[PDB]
Q: 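Mind having a look at this structure? Questions to follow.
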Amino acid sequence: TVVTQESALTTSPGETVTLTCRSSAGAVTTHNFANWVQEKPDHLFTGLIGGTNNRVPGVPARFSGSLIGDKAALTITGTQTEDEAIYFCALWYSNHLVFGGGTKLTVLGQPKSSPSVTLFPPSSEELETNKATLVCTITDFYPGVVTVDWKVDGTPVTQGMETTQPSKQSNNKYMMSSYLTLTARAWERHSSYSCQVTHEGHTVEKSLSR
Amino acid sequence: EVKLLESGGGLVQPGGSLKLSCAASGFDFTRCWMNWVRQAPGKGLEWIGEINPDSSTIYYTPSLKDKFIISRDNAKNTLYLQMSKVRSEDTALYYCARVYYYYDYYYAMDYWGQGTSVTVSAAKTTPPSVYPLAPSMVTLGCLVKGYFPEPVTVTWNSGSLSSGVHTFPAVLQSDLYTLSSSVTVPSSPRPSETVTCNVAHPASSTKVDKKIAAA
Ligand SMILES: CN1CCC[C@H]1c1cccnc1
């Protein structure tokens with residue numbers, strides 16, 4: 001029923017990384033015919049492994065499939081920068097296939113860059129409609145894992161915000177956007193607004209006051 | 001050139017029904033099992049089912065057997081997916097994939113369709129409200145708020161400012177989509193030369209031009 005993979009793994013090019021694929025229904029065996037699929041930006045999926053350990057022709061030799069203990073494995077050796085991607089495993093159970101949740105593989109192929117953060121206040125035109133949307137643009141960060149917190153008069157906001165999943169810029173860095181949508185009442189009931197972007201332990205704050 | 005061109009997706013009313021097509025090309029469709037898999041907005045991949053070359057065996061994810069009917073017409077090199085009593089949870093990109101029997105030794109989901117989007121919503125065509133985002137270099141932008149359905153297209157100065165432009169993915173909120181587009185420009189030309197974003201929403205047959213000015 002539930003196939004589990006590491007949510008995210010980080011490696012550096014040339015190193016060896018191993019993604020695993022575990023099953024709620026017991027040990028993974030060759031009878032589960034583990035498949036590995038790569039997803040690259042623009043919803044581009046390519047089959048990597050089938051039958052646990054068979055490499056699809058055309059896939060670079062550095063990819064291989066195997067079993068490790070009670071789990072199927074995808075191994076990348078001499079990992080290239082282009083291997084930064086999402087990898088789904090899929091296990092076969094007699095009459096249906098179940099995909100894992102996927103592993104976001106980071107291959108450090110660029111120097112660490114901190115996110116450039118811009119906090120825009122609500123526009124005057126939008127306030128006329130009695131809504132107030134603050135827009136936090138987050139650009140030029142690598143690796144592409146960021147967490148975003150919004151503070152209204154110092155309270156962690158937990159609803160009314162939507163944050164984009166990191167998207168690959170042209171410079172191979174990552175970018176993202178976050179919105180905090182308030183009623184005009186909420187906007188005028190409070191005075192301190194801050195968008196906090198956390199990237200690789202350090203946190204960057206942009207803030208404004210009504 | 002294995003091609004898996006999908007079609008038949010789009011907007012469907014909740015409780016409604018849809019039939020997706022996956023037109024195969026560049027290989028022998030009749031020696032290949034075929035599958036369907038979907039990927040919702042933020043979640044990962046979910047298998048739907050797969051079909052025998054001669055449709056003697058048809059497999060489904062158990063919890064989906066009653067909502068989806070997989071089929072194929074080898075005469076048209078095409079695979080089909082019927083959706084019925086669809087709910088909002090069924091909003092996702094739907095992929096067809098070739099599950100090729102390599103060397104009669106192992107199966108592999110090698111070639112995948114580009115994907116066709118299925119949006120389950122009762123919402124109506126809503127044009128976007130375009131708002132100007134403004135306070136070394138300068139960061140400007142445009143908020144493209146509350147449109148339905150996707151897509152919208154954005155350019156700056158009619159597609160001349162291409163350096164520094166970042167148009168982000170849309171978010172969904174209250175059935176309506178929103179996105180933003182920013183442009184970082186030398187502080188000299190703003191104010192100074194004029195920056196204007198150009199938003200296009202084909203569904204509503206709307207185009208909006210908004211100029212960025214200081215608060
Ligand atoms: C091809 N199907 C029938 C036997 C195995 C199953 C399958 C589905 C997806 C990937 N590999 C195998």
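Numbers restart at 1 for each chain; the letters A, B, ... are given by sequence-line order, proteins then strands. Computed over heavy atoms, backbone and side chain alike; hydrogens, waters and symmetry mates excluded. Counting convention: from 1, in listed order, for ligands and their atoms alike.
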Q: Quick one: do you know the drug at ligand 1?
A: (S)-(-)-nicotine
Q: Just wondering - which macromolecule does (S)-(-)-nicotine (ligand 1) hug the most here, in the naming of the PDB entry?
A: NIC311 Fab Heavy Chain
Q: I'm mapping contacts for (S)-(-)-nicotine (ligand 1). Which other chains have a heavy atom under 4.0 Å?
A: A, B
Q: Tell me which protein heavy atom sits closest to atom 11 (N) of (S)-(-)-nicotine (ligand 1), plus the residue, atom name and distance to 0.1 Å.
A: A:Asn35 ND2, 3.4 Å
Q: Given A:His96, B:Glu50, B:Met34, which has its nearest heavy atom closest to atom 1 (C) of (S)-(-)-nicotine (ligand 1)?
A: B:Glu50
Q: Side chain, backbone, both or neither: which part of A:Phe33 comes within less than 4.0 Å of (S)-(-)-nicotine (ligand 1) when only heavy atoms are counted?
A: neither
Q: So is there a nitrogen or oxygen of B:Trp33 less than 3.5 Å from a nitrogen or oxygen in (S)-(-)-nicotine (ligand 1)?
A: no
Q: Got the closest protein heavy atom to atom 5 (C) of (S)-(-)-nicotine (ligand 1), with its distance?
A: A:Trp92 CE2, 3.8 Å
Q: Using a strict cut-off of 4.0 Å, indicate which atoms of (S)-(-)-nicotine (ligand 1) neighbour a heavy atom of B:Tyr107.
A: 1 (C), 11 (N), 12 (C)
Q: Curious: how does the deposit label chain A?
A: NIC311 Fab Light Chain
Q: Taking heavy atoms under 4.0 Å, what residues and nucleotides bind (S)-(-)-nicotine (ligand 1)?
A: A:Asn35, A:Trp92, A:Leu97, B:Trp33, B:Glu50, B:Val99, B:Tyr107
